[PDB]
Peer 1: 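Mind having a look at this structure? Questions to follow.
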Amino acid sequence: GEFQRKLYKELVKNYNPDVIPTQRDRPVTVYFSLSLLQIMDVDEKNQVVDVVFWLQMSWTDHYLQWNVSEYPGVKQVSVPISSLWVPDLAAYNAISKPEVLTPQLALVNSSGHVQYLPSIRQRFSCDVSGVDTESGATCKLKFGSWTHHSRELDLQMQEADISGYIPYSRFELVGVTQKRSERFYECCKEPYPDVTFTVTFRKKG
Amino acid sequence: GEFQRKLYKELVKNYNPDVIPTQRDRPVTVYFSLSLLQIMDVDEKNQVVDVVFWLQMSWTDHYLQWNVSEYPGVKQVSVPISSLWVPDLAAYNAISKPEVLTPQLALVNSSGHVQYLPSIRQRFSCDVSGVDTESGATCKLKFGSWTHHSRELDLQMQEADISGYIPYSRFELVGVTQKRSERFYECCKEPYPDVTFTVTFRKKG
Amino acid sequence: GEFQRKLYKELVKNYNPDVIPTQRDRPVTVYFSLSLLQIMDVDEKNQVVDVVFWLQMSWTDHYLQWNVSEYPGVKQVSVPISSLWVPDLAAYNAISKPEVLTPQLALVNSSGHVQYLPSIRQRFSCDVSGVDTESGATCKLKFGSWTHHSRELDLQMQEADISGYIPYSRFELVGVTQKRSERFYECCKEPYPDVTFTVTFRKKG
Amino acid sequence: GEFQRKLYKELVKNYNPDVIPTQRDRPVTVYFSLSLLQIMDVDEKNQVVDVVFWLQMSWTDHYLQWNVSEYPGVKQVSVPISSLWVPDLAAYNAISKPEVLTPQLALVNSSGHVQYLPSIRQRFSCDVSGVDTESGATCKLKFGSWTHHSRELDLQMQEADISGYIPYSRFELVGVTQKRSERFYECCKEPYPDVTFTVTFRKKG
Amino acid sequence: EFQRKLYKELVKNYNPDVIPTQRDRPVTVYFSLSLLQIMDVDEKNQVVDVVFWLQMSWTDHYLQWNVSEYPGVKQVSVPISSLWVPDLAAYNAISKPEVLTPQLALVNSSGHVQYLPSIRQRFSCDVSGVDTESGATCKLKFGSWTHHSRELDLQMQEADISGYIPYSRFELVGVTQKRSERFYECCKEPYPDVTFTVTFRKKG
Ligand SMILES: CN1[C@@H](CC(=O)c2ccccc2)CCC[C@H]1C[C@H](O)c1ccccc1
Ligand SMILES: CN1[C@@H](CC(=O)c2ccccc2)CCC[C@H]1C[C@H](O)c1ccccc1
Ligand SMILES: CN1[C@@H](CC(=O)c2ccccc2)CCC[C@H]1C[C@H](O)c1ccccc1
Ligand SMILES: CN1[C@@H](CC(=O)c2ccccc2)CCC[C@H]1C[C@H](O)c1ccccc1
Ligand SMILES: CN1[C@@H](CC(=O)c2ccccc2)CCC[C@H]1C[C@H](O)c1ccccc1
Ligand SMILES: CN1C[C@](C)(O)C(=O)C=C1c1ccc(Br)cc1
Ligand SMILES: CN1C[C@](C)(O)C(=O)C=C1c1ccc(Br)cc1
Ligand SMILES: CN1C[C@](C)(O)C(=O)C=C1c1ccc(Br)cc1
Ligand SMILES: CN1C[C@](C)(O)C(=O)C=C1c1ccc(Br)cc1
Ligand SMILES: CN1C[C@](C)(O)C(=O)C=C1c1ccc(Br)cc1
Ligand SMILES: CN1C[C@](C)(O)C(=O)C=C1c1ccc(Br)cc1
Ligand SMILES: CN1C[C@](C)(O)C(=O)C=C1c1ccc(Br)cc1
Ligand SMILES: CN1C[C@](C)(O)C(=O)C=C1c1ccc(Br)cc1
Ligand SMILES: CN1C[C@](C)(O)C(=O)C=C1c1ccc(Br)cc1
Ligand SMILES: CN1C[C@](C)(O)C(=O)C=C1c1ccc(Br)cc1
């Protein structure tokens, strides 16, 4: 639409993706969930698991709201993430950079609510030695902001799903849990929340 | 051409490649098809198939049409895709990033019709356990827009091609079917169409 | 010299590297040749050949001429290819991205004649099954413009060279031939020329 | 933050990340320490060690201090390192480029103190031949500025931390020391300091 | 605060694509390779994997500065992307160079530039002799890709093998370096190169 150009133009001049959109005495709440799609491989020598997963990330950016009457037909837009502030969520125990599989686009509606749903493949340090047993091997995937504490970035978890897990895999799921925690570090007196996805899996047969 | 040089000039000042060129509540229709070239490898252990294929993609961008009377002998132009809006089609079940092998340019005519034909190598999740049997392995290669629903981006299919299939590969191409679906998801009120290419193949000998 | 700087400044102000420098119905002729340097490897299981080769491309860009008067001591200059229009030659049957080994600069002279001479490593689809036989394996390295038909870009060949081929390779060269063909594709009305280099090689011992 | 937008804007407008924040007769002091997280692998044939570690770098950049009265609510911010001057620290005996695993953001406070804490995977040259003996292999990970001598960049160490060392790898930690040295080089009139992290480890029984 | 204004002048009044020659006089660049480690050899495919240090230096007359105008500035550390740098190609490389160090060069007030990258690269080489007393010999050949000798005068400095790792499986037999120059049938001007040569063999 013609308004669409107008909207994106405003994004270039009148917005900074480096600025965390906190609002006085209020952190930015980001919602986070992980859906495991496939355990690609394990390395029992190097203690690594290779996984493909779908992240669901959402938050409100008050700077990203616009007036519907000003851009009539425009309700939500598809935006390159590079143009937007994005939570600096890090995989604490990853041992490779993430490979993002999908278009690096996010949805933004007129209230400034952003959803970023990337599919990702990444390797993680894990004790995978129990993988050929009945109890399986348990890998914890730990995520959290690298630089923002809880009063600036309130990480919350959404309910996760094993429904997307590939059925014809050589690994079967014995269990999964997802939990939010909040721990202090020696440096700063503010805590840093984390969301941990724990998967227990074993070889079929 | 010199009267071809001004045409490109209009691209920069006016046009935004982030903006899907929907007209007045009419979706952008993209015609989509795949030519299979070579099945490079399968991974029986990790359930992966590695393919090389061309995507034929075409659509009309009404922001990209020009008065042919105003520009003498310019019937069409070759434009870098980074200067153009392109459909954010993703391979839903890919486990690797697409490796684009060809120059990243699209053909645009004065109707604003755009043609983009990349050659791609990509690895997909697939049950390849039957590959050595007479019935062989059947892989679904499923594509759709990552962020746009059918009212915005209407994905339609054209005839798939296999004439370009390599005849000296170790895999015999049994068959290939293509189908379009228009499905609602639990998340949104709008359907998101997909085109799926089903490839049945098996080891020769 | 202190005129190169003015010469380069003119490039930015007026020149568009996406515009193909055609004239009054005249296509840009580009002279093309490939020199085979080394056959790196073969994959007999996946039907792939890995080659390092030197491409020679030359053409005249009528927008890149300058009067030697207004730039006294400037015979020729070395320009980043990103500042120039360059032919979008693709290896039709590659199955990997080209790895350009050398600096990405072309030479341009006062009459707008441009020379671009990259050294490249790339993997191609090829029936290498006869490699250990007397007959050997034959591979076709096929190159052409990805988006410009024969009336826009006239691809012509020049003499081929094997003097540059490594003598200590495990692969013995037998024959190298080149030819120019003009052929039709489903997408398009007009013919697209190609130059194909045919390599026949075999193991020693 | 209304005041954060101002601060980030001022960074772009009135700061050059290419300039080392040395003062009038005074070097920049950078504090540096390496925390070993996991020895991923060793190659006894090529003499390499593959390690994952967490670096702590901090220094004061006097051009990054700000008056709190001009930015009332703002005590510290997370800034992309690309926007900052950062110490050009290189691993002397590295044989691969660093794979930075974490978000490339540093914390800056109002007195210009910067903290950058990347997680890194990187391969180093090392005599790993004693890895299966009781004594173990000893690897030196040596770091220093690549272009700045001690009078412009003063490199100092901090207390080490092996409390993050993965307990379930096939390698056990024997000895781990860290020392600062100030070597001279035949070229330059000026000495160049280095920090060296020495790991002794062996294969578990 | 003075380096600040140096970098500012560099932005408006300098094009890094322009070779800093003068009135009919080439830019001389000095070049030397120091071998650090032979990482591996491929005996089937005829390839050697090496890690080395390149010393490159030259004078860019556009990069000199009045020492009066900037009091306490001896040398500055500058991103190579902001400077003209020689387009030196490895003629017989079979992979892209992997640069291991920060991409910065030193420039002083005379406009002398020093660029010292450390690099991992793979080259075509006959390594069939690597297990013999005489050993394998590999040539590492470097030269400008687009500038003839009357524009870019490549000259060589003495190499260095003191930086060579003592604990690899390869002992060094012999090392040498030489400057060369030839006319190519194609072009009117001659072109120079510097070739570094190693001879090495497995230990034990
Ligand atoms: C980054 N770090 C904290 C950093 C911090 O506050 C700090 C630490 C040390 C000194 C000064 C500040 C903030 C919250 C995330 C946490 C991550 C964890 O450290 C870590 C380090 C290395 C590997 C895995 C995980
Ligand atoms: C790509 N195609 C033509 C298509 C075009 O004009 C084009 C190219 C790129 C972008 C937009 C349009 C141009 C010349 C190369 C040729 C290759 C052949 O079609 C082909 C593709 C797939 C299977 C068999 C044959
Ligand atoms: C992204 N998703 C649709 C739904 C949506 O955006 C969404 C989903 C859930 C919540 C909010 C939005 C949009 C169209 C593509 C589709 C893909 C599929 O989800 C999917 C997820 C994970 C792996 C493979 C495929
Ligand atoms: C680079 N060199 C010093 C000297 C300098 O910059 C230099 C040398 C010679 C000429 C111009 C500048 C600066 C501090 C680091 C030191 C590193 C060591 O050389 C070295 C060389 C090769 C591999 C590993 C280490
Ligand atoms: C690149 N080439 C010359 C090329 C030139 O000026 C030229 C050639 C042909 C036409 C017009 C100009 C310039 C100086 C270096 C020389 C290198 C060697 O060719 C070569 C080719 C392929 C692999 C390794 C080496
Ligand atoms: C950030 N702004 C600025 C302003 C002025 O409020 C406006 O009119 C629209 C936007 C905006 C642009 C793009 C997106 Br996505 C969200 C908000
Ligand atoms: C899993 N974690 C999180 C924790 C415990 O908070 C921490 O500080 C370090 C790691 C960690 C362990 C191993 C590797 Br490899 C990376 C991170
Ligand atoms: C978008 N425009 C604008 C205008 C003014 O209508 C015109 O004359 C031409 C173009 C245009 C520019 C590049 C391409 Br490709 C297509 C159309
Ligand atoms: C094949 N698909 C598409 C579908 C059915 O839409 C879906 O919801 C998820 C996948 C899919 C399968 C495997 C992997 Br790995 C990733 C996505
Ligand atoms: C872009 N032009 C055009 C014009 C106006 O003739 C001129 O002054 C010089 C050039 C030019 C710039 C760079 C190169 Br290389 C060649 C010609
Ligand atoms: C070998 N060719 C050239 C041809 C016939 O022109 C074409 O259009 C496609 C291919 C080709 C075949 C297999 C693979 Br994998 C890639 C390209
Ligand atoms: C670099 N400046 C300039 C100035 C004018 O002093 C100011 O007000 C704030 C900053 C500054 C901006 C961002 C960061 Br982080 C640190 C200091
Ligand atoms: C670790 N160093 C630094 C030192 C000792 O100053 C030197 O001269 C060379 C090296 C070095 C070691 C291995 C490799 Br690979 C590269 C450089
Ligand atoms: C580009 N110049 C020339 C000039 C304008 O005369 C001057 O005053 C200083 C510089 C210059 C800038 C950066 C570096 Br490094 C070297 C010289
Ligand atoms: C090393 N050279 C340079 C030389 C001798 O001038 C030539 O003509 C070809 C090569 C060369 C040899 C092997 C490979 Br692979 C690439 C280039």
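Sequence lines set the chain letters: A, B, ... in the order given, protein chains first and strands last, and positions in each chain run from 1. Per deposition record, X-ray crystallography, 2.2 Å. One-based numbering, in listed order, for ligands and for the atoms of each. Heavy-atom basis, side chains included; hydrogens, waters and symmetry copies ignored.
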Peer 1: Write down the drug found at ligand 3.
Peer 2: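 Its PDB name is lobeline.
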Peer 1: Determine the main partner chain of lobeline (ligand 3) by heavy-atom contacts and give the name the PDB entry assigns.
Peer 2: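 Most heavy-atom pairs belong to acetylcholine-binding protein, neuronal acetylcholine receptor subunit alpha-7.
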Peer 1: Are any other chains within heavy-atom reach of lobeline (ligand 3) at under 4.0 Å, and if so which?
Peer 2: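 By letter, the heavy-atom neighbours are A, B.
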Peer 1: Among protein heavy atoms, which sits nearest to atom 23 (C) of lobeline (ligand 3), and what does the distance come to when rounded to 0.1 Å?
Peer 2: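 The protein heavy atom lying closest is A:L37 CD1, 4.0 Å.
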Peer 1: Taking 4.0 Å as the limit for heavy-atom contacts, which would you say applies to A:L117 with lobeline (ligand 3): side chain only, backbone only, both, or neither?
Peer 2: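 Side chain only.
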Peer 1: Examine the proximity of lobeline (ligand 3) to A:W54 and report which part, side chain or backbone, both or neither, has a heavy atom under 4.0 Å away.
Peer 2: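 The answer is the side chain of A:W54.
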Peer 1: May I ask which of A:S58, B:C187, B:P193 has a heavy atom nearer to atom 4 (C) of lobeline (ligand 3) than the others do?
Peer 2: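 Answer by nearest heavy atom: B:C187.
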Peer 1: Should one rank B:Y185, B:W146, A:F53 by closest heavy-atom distance to atom 13 (C) of lobeline (ligand 3), which comes out on top?
Peer 2: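 Going through B:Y185, B:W146, A:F53 one by one, B:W146 has the nearest heavy atom to atom 13 (C) of lobeline (ligand 3).
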Peer 1: For lobeline (ligand 3), note which part of B:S145 has a heavy atom under 4.0 Å away: side chain, backbone, both or neither.
Peer 2: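 B:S145 to lobeline (ligand 3): backbone contact only, side chain stays beyond 4.0 Å.
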Peer 1: Looking at lobeline (ligand 3), is there an atom of it that comes within less than 4.0 Å of some heavy atom belonging to A:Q56?
Peer 2: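 Checking lobeline (ligand 3) against A:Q56, which is what was asked, there is a heavy-atom contact under 4.0 Å.
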Peer 1: Measure A:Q115 to lobeline (ligand 3) on non-hydrogen atoms and call it side chain, backbone, both or neither using the 4.0 Å cut-off.
Peer 2: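 Contact part for A:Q115 vs lobeline (ligand 3): side chain (C-beta onward).
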Peer 1: Can you tell me the protein heavy atom closest to atom 15 (C) of lobeline (ligand 3) and the distance?
Peer 2: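 Among all protein heavy atoms, the one nearest atom 15 (C) of lobeline (ligand 3) is B:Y92 OH, 3.2 Å.
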Peer 1: Can you tell me if A:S35 has a non-hydrogen atom under 4.0 Å from lobeline (ligand 3)?
Peer 2: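 No, A:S35 has no heavy atoms under 4.0 Å from lobeline (ligand 3).
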Peer 1: Just curious, which residues make up the binding site of lobeline (ligand 3) with non-hydrogen atoms under 4.0 Å?
Peer 2: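 The heavy-atom contacts are A:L37, A:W54, A:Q56, A:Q115, A:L117, B:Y92, B:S145, B:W146, B:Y185, B:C187, B:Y192.
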